[PDB]
Colleague: 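Please take a look at this structure featuring 10-1074.
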Amino acid sequence: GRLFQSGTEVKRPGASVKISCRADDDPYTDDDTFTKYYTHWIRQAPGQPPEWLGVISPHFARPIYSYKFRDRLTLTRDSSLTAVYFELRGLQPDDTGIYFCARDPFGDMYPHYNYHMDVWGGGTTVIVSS
Amino acid sequence: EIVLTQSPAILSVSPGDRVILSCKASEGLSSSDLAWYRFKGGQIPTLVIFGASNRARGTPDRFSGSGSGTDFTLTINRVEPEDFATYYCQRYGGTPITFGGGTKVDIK
Amino acid sequence: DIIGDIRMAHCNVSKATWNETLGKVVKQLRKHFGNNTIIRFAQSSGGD
Amino acid sequence: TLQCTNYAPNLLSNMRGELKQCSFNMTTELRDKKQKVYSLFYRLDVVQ
Amino acid sequence: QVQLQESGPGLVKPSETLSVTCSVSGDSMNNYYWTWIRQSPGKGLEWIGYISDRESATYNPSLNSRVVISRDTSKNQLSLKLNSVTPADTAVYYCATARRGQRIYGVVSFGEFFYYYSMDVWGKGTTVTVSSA
Amino acid sequence: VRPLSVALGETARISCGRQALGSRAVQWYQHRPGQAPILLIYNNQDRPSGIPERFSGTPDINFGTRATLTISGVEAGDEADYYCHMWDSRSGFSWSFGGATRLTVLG
Ligand SMILES: *[C@@H]1O[C@H](CO)[C@@H](O[C@@H]2O[C@H](CO)[C@@H](O[C@@H]3O[C@H](CO[C@H]4O[C@H](CO[C@H]5O[C@H](CO)[C@@H](O)[C@H](O)[C@@H]5O)[C@@H](O)[C@H](O[C@H]5O[C@H](CO)[C@@H](O)[C@H](O)[C@@H]5O)[C@@H]4O)[C@@H](O)[C@H](O[C@H]4O[C@H](CO)[C@@H](O)[C@H](O)[C@@H]4O[C@H]4O[C@H](CO)[C@@H](O)[C@H](O)[C@@H]4O)[C@@H]3O)[C@H](O)[C@H]2NC(C)=O)[C@H](O)[C@H]1NC(C)=O
Ligand SMILES: *[C@@H]1O[C@H](CO)[C@@H](O[C@@H]2O[C@H](CO)[C@@H](O[C@@H]3O[C@H](CO)[C@@H](O)[C@H](O)[C@@H]3O)[C@H](O)[C@H]2NC(C)=O)[C@H](O)[C@H]1NC(C)=O
Ligand SMILES: *[C@@H]1O[C@H](CO)[C@@H](O[C@@H]2O[C@H](CO)[C@@H](O)[C@H](O)[C@H]2NC(C)=O)[C@H](O)[C@H]1NC(C)=O
Ligand SMILES: *[C@@H]1O[C@H](CO)[C@@H](O)[C@H](O)[C@H]1NC(C)=O
Ligand SMILES: *[C@@H]1O[C@H](CO)[C@@H](O)[C@H](O)[C@H]1NC(C)=O
Ligand SMILES: *[C@@H]1O[C@H](CO)[C@@H](O)[C@H](O)[C@H]1NC(C)=O
Ligand SMILES: *[C@@H]1O[C@H](CO)[C@@H](O)[C@H](O)[C@H]1NC(C)=O
């Protein structure tokens, strides 16, 4: 139905942030959502168009990064099959804005092999100052 | 890299007509990898259309749109007060994917 | 228990035929990206 | 609860963190009695 | 050929600095590893310590760091210092050499091997008795 | 300290109290009372110069065997005790020597 991510954390230049985007909030749940569906992470700055930040596969959480955020972005999931994480080390005063996580089959399902982000979840905000 | 631009950046219309949301591609899109999203300030950005022309689950009959090659159009049948929000188009294919800049409708 | 030596399992591959197979698959893959493109094999990304 | 320490201590080889020795209680065919057992588990099998 | 001579004070007062020195004649000390073995009456042998080309004085952990190992290349000598000694280790000392050979059982690339120290050439050894009288 | 009594002529097999566990590399010693200790057998097969060719050890093939010392042609002056140094993989750096097997030949 809808995805869930929490966090309104402020940050300092030189630290790391951790954003968890879970599906079905109760912790002891077996949604199976992070199991056959790819998940896109997308950043958006205010007054700027949204840019791609990184997709994670549901097979064994194999991440696919971009060339702009390659050497300072690690993301995976825990032992339970929910709650993918988002660790962005090497902060900057340029990426202040909102973050989104969206579910996407990415052409791996059985009907029609579609390409669509059917549901987006929440949208957190990350600011940094001193 | 295929850059996705949108020339109608500012749009204004009355409730109850048809609007055209055009988008230009750079060099030869595959005409089956494109998506439209309805963004707003502090809300949940939902999807409105699949691919070239295929509706989603939570989409009424008034939302449609086609296009092929390098030009893609979104054709809304009627304008509602629950639709005055910005729109963002995106493509697929090789990583990284890129959005289509940004457009916005308004009430006047 | 372990009655013997505490060792680690390890898989052995022959270096010469593996290097020849890598050169052959590089020469095969070079038919799609021109001549002067540096193909670089790297390690895995991460995850589970 | 697995009371688990390091098996084969002060070994200067590569395999150091793995092969941990743990002891625990286990039920038997008589449900009033228990049985203390010892076993070896790998590093990827036990969490503190 | 490497020859070892010994020297000793003989009479040692308890709880002060003990010093027993063996001397090397015949070759240099670049590769051979010098070790010391204590033999006490009423028990077996005992390893005091050894030295190598890394200048690491690895002591036995059952001595509570009561021995100090040092060597010297300018005078062909080596110093064996002690402090706060007991009157219950009246024993004859030994100065020996040791060669290091590796024993490999698996693959050398992972480190599945170990070291030993063989003592082939030994010294004569002079007894050192400690007593309050 | 363990005693042993072996008469003249026949051979003898002397084991040490340390049970070997793993790849073995022993250094058999021999210490006369008052004299200097000498190295008899190192690395389970080899032998240094000056030692006669009467002391044979045990190889490391078919692990599970006992590391013993064979004295072929025992003479009358073999009253010195031996030392079985143990160097293996699991026990790490061994510091002590072990039990001294005192061989007392009669006659
Ligand atoms: C994947 O690949 C890797 C490599 O890429 C494989 O790892 C290899 O694993 C084997 C065993 O699984 C290791 O063999 C071991 O080697 C040590 C020491 O190495 C000896 O051999 C070297 C080769 O030279 C010739 O000598 C041997 C005989 O020793 C011949 O059989 C060979 O064919 C070679 O022609 C040699 O260079 C070494 O150097 C020393 O040489 C002399 C002799 O000491 C010295 O003068 C030198 O100064 C130098 O020190 C050495 O000779 C052996 O010790 C191991 O054998 C012992 O242990 C066995 C198991 O316990 C036991 O059965 C044996 O009998 C033996 O025990 C005793 O036997 C000797 C008989 O004389 C005694 O003298 C000795 O004291 C001992 O106590 C063992 O054979 C490889 O080294 C290793 N490779 C590398 C690079 O490390 C891996 O297996 C592969 N995996 C798979 C799945 O395929
Ligand atoms: C696999 O992906 C590639 C890359 O997107 C697809 O190739 C693209 O195909 C379109 C036609 O469907 C090409 O558009 C054409 O462009 C020329 C000008 O270059 C124009 O004159 C034509 O009228 C047409 O619009 C596009 O250029 C081409 N892109 C590239 C990089 O070659 C391909 O269709 C995909 N599918 C396969 C191979 O099945
Ligand atoms: C179930 O147990 C595992 C094993 O401890 C938990 O995984 C760890 O969770 C903590 C949370 O503080 C992390 O710091 C560790 O890095 C995790 N270990 C990993 C990923 O190997 C897991 O969270 C537990 N699930 C629950 C409690 O729902
Ligand atoms: C692997 O096993 C085969 C089995 O016959 C053998 O022929 C070969 O020499 C072994 N080693 C390598 C490196 O292939
Ligand atoms: C691999 O094969 C090529 C053949 O073109 C050769 O030039 C090269 O030296 C070989 N080895 C390595 C490590 O690349
Ligand atoms: C790359 O080199 C090969 C050499 O055999 C040649 O056949 C091929 O045409 C070259 N590629 C291009 C794009 O020219
Ligand atoms: C098994 O149960 C007994 C009962 O008191 C307890 O003392 C013991 O510690 C238990 N074993 C382990 C390994 O905890």
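Lettering follows sequence order; numbering is per chain, from 1. Looking at the header, which is where the method is noted, we find electron microscopy, 3.9 Å. Computed from heavy atoms alone, side chains included, the values below leave out hydrogens, waters and symmetry copies. Part of the entry, not all of it, is on display, and contacts are counted within that displayed part.
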Colleague: Mind telling me which parts of the structure correspond to 10-1074?
Modeller: chains E and F
Colleague: Would you mind telling me which other chains place a heavy atom less than 4.5 Å from 10-1074 (chains E and F)?
Modeller: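 Those reaching under 4.5 Å with a heavy atom: C, D.
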Colleague: Look up chain E in the PDB entry and give its name.
Modeller: 10-1074 Fab Heavy Chain
Colleague: In the PDB file, under what molecule name do you find chain F?
Modeller: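 The PDB entry says 10-1074 Fab Light Chain.
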